[PDB]
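Consider the following structure, which contains salicylic acid.
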Number of protein chains: 2
Amino acid sequence: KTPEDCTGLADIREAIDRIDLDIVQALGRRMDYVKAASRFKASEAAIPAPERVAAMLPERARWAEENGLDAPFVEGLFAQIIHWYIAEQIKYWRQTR
Amino acid sequence: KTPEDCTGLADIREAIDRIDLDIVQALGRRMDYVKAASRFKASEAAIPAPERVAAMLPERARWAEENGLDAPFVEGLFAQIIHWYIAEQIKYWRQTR
Ligand SMILES: O=C(O)c1ccccc1O
Ligand SMILES: O=C(O)c1ccccc1O
């Protein structure tokens, strides 16, 4: 149901649970691409790609802005996420070669 | 392209940007449902529903477990997301109710 067709918290919570599961499934598939990424790193030191992160974060802020969400909170959340995936990628690189 | 069909970082980053966009879009729609939730609350006090949050978090850990992601990271990320939405819902309630 749309937010305005929701008759109570049962409806609201079904939709929220679905959206959050979608997010979890996307973060899981995100990990697949991050591991695949390590095939195109020339060295371990290539992994963090700070210029790439610098480009990503304002992009995510813009998306926040365009979707009616506080840009600082979303951008900072994605800073945490991206740096966490980087850390995982390093660990994965080390463990698989 | 699938992670395994990606032929370089150009392909990897296209898919990651698509995934991160879907996540921002989903957080955007989630906000609509959180604000709609408020017309089913009594005062600033019924808003945080601690019994609801407590059931939510290990459900999110489980989904992370089933999607091959570190469960504390995902559980911790959602504690952060959920508590920020509660905050926004209180602000929203003050502003409109
Ligand atoms: O996960 C990412 O988005 C990322 C970005 C830059 C470098 C390494 C990474 O894992
Ligand atoms: O955003 C939520 O998931 C939430 C959960 C419990 C209480 C208030 C809320 O906004």
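So you know, we letter chains A, B, ... as the sequences are listed, proteins then strands, and number each from 1. Read the numbers this way: they start at 1 and go in the same order the structure lists the ligands and their atoms. The header says X-ray crystallography, 2.0 Å. Only this structure's heavy atoms are used, side chains among them; waters, hydrogens and symmetry mates stay out.
Counting heavy-atom pairs under 4.5 Å, the chain with the largest count for salicylic acid (ligand 1) is, by its name in the PDB entry, Salicylate biosynthesis protein pchB. By chain letter, those with a heavy atom nearer than 4.0 Å to salicylic acid (ligand 1) are A. Taking distance alone, with nitrogen or oxygen atoms compared against 3.5 Å, A:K41 stays at or beyond that limit from salicylic acid (ligand 1). Counting the atoms of salicylic acid (ligand 1) from 1 in the order shown, those under 4.0 Å from a heavy atom of A:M56 are 3 (O), 5 (C).
For salicylic acid (ligand 1), the main contacting UniProt domain of chain A is Chorismate mutase. Intersecting the UniProt substrate-binding annotation for chain A with heavy-atom proximity to salicylic acid (ligand 1) (under 4.0 Å) gives A:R30, A:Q89. Residue A:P48 approaches salicylic acid (ligand 1) through these ligand atoms, each under 4.0 Å from one of its heavy atoms: 6 (C), 7 (C). Contacts with salicylic acid (ligand 1) closer than 4.0 Å are made by heavy atoms of both the backbone and the side chain of A:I86. By the criterion of a heavy-atom distance under 4.0 Å, neither the backbone nor the side chain of A:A37 is placed next to salicylic acid (ligand 1).
Protein heavy atom nearest atom 1 (O) of salicylic acid (ligand 1), with residue, atom name and distance: A:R30 NH1, 2.7 Å.
Counting protein heavy atoms only, atom 10 (O) of salicylic acid (ligand 1) is closest to A:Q89 NE2, 2.9 Å. The entry models no covalent bond from salicylic acid (ligand 1) to a chain. The nearest protein atom to atom 7 (C) of salicylic acid (ligand 1), hydrogens excluded, is given as A:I47 O, 3.1 Å; this is a heavy-atom distance.
The site surrounding salicylic acid (ligand 1), defined by heavy atoms under 4.0 Å, contains A:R30, A:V34, A:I47, A:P48, A:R52, A:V53, A:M56, A:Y85, A:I86, A:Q89.
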Note down each nitrogen or oxygen pair, salicylic acid (ligand 1) side and protein side, whose separation is under 3.5 Å; give only atom names and the distance to 0.1 Å.
residue, atom, partner, partner atom, Å
salicylic acid (ligand 1), 1 (O), A:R30, NH1, 2.7
salicylic acid (ligand 1), 3 (O), A:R30, NH1, 3.3
salicylic acid (ligand 1), 3 (O), A:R30, NH2, 2.9
salicylic acid (ligand 1), 10 (O), A:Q89, NE2, 2.9

